[PDB]
**Q** 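Below you'll find the structure I mean.
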Amino acid sequence: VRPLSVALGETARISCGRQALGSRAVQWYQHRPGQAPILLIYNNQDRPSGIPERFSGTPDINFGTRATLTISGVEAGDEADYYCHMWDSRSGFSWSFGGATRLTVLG
Amino acid sequence: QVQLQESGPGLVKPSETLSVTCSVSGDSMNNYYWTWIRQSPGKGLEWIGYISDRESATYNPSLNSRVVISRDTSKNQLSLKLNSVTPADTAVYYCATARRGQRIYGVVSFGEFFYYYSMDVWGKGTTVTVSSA
Ligand SMILES: *[C@@H]1O[C@H](CO)[C@@H](O[C@@H]2O[C@H](CO)[C@@H](O[C@@H]3O[C@H](CO[C@H]4O[C@H](CO[C@H]5O[C@H](CO)[C@@H](O)[C@H](O)[C@@H]5O)[C@@H](O)[C@H](O[C@H]5O[C@H](CO)[C@@H](O)[C@H](O)[C@@H]5O)[C@@H]4O)[C@@H](O)[C@H](O[C@H]4O[C@H](CO)[C@@H](O)[C@H](O)[C@@H]4O[C@H]4O[C@H](CO)[C@@H](O)[C@H](O)[C@@H]4O[C@H]4O[C@H](CO)[C@@H](O)[C@H](O)[C@@H]4O)[C@@H]3O)[C@H](O)[C@H]2NC(C)=O)[C@H](O)[C@H]1NC(C)=O
Ligand SMILES: *[C@@H]1O[C@H](CO)[C@@H](O)[C@H](O)[C@H]1NC(C)=O
């Protein structure tokens with residue numbers, strides 16, 4: 001668990017520990033503690049139906065860029081766990097969800 | 001839109017079968033993948049296994065195929081049984097649906113593509129545990 005402390009009204013660019021071993025396709029998940037988990041970003045730029053324009057990702061053009069999650073203006077209700085389901089091309093099937101990253105909002 | 005509802009026994013003893021049913025309504029199982037995700041209290045999320053329309057009985061490495069996920073298209077549910085459970089397997093179990101989208105980086109004729117899975121619609125989950133009584 002890697003806690004990231006960001007106060008209210010400030011942006012947060014949360015990455016994950018697994019680096020890009022080639023062409024990647026990450027799936028960001030928001031897991032509220034006890035409630036149902038939800039999807040944030042699939043295919044690194046596509047937003048599903050139910051996510052507004054606050055959670056944005058980075059495209060995979062010109063490989064060498066990192067896989068992160070940009071939250072512009074995080075509200076008070078975004079106190080949950082964030083997962084980086086990294087699917088690269090050279091490491092095969094990734095059954096594990098990775099490190100459970102707990103975002104801590106200050107204030 | 002699909003609606004996922006789950007229900008289980010809630011309390012198990014060691015060396016038993018933890019069979020939890022996850023029923024769906026609204027849409028059928030024609031083009032909808034099915035999977036189960038577990039998470040122990042104090043631990044992170046853990047994909048234990050998935051099933052497809054071709055009866056893909058593939059499961060997580062930690063699980064080591066000790067669990068079976070069954071997909072019965074007759075009575076429209078998704079069952080997940082856990083034979084020979086351990087007392088250190090207390091977790092809250094979520095069932096979700098997946099999408100087999102392929103990420104193509106090279107050509108498709110050589111096999112330069114991989115399948116990534118997006119668990120879009122989830123369930124609220126049941127909280128099962130291993131107690132003394
Ligand atoms: C010899 O012959 C062989 C065989 O003929 C040639 O082999 C070809 O080689 C190329 C190069 O490797 C392969 O290209 C890959 O193509 C995929 C295709 O996916 C997209 O393209 C489909 C149609 O494309 C056409 O239309 C679009 C406009 O719609 C146009 O832009 C394009 O030029 C073309 O004219 C779409 O239908 C498709 O949608 C489908 O897939 C979706 C999921 O992918 C699915 O959700 C849909 O429902 C639908 O089913 C899709 O749009 C490319 O994806 C891929 O390029 C990605 O990867 C490289 C390396 O990582 C990266 O640099 C690219 O930028 C691109 O990454 C983008 O896409 C990722 C996933 O889509 C995404 O995660 C990234 O973030 C990134 O997103 C960015 O771009 C998108 C727009 O694409 C934008 O929306 C985002 O905001 C962001 O900016 C490869 O290029 C060919 O497949 C292959 N041919 C065959 C038959 O296999 C060979 O080249 C020949 N050699 C010579 C010398 O001639
Ligand atoms: C490959 O190398 C060239 C120059 O050496 C560079 O311009 C290009 O971005 C590189 N592409 C990748 C995918 O690394």
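Letters A, B, ... mirror the listed sequences (proteins, then strands); counts begin at 1. Not the full deposit; the contacts listed refer only to the portion displayed.
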**Q** I'm looking at chains A and B, any idea what drug that is?
**A** 10-1074
**Q** I'd love to know the name the PDB entry uses for chain A.
**A** 10-1074 Fab light chain
**Q** What name does the PDB entry of this structure use for chain B?
**A** 10-1074 Fab heavy chain
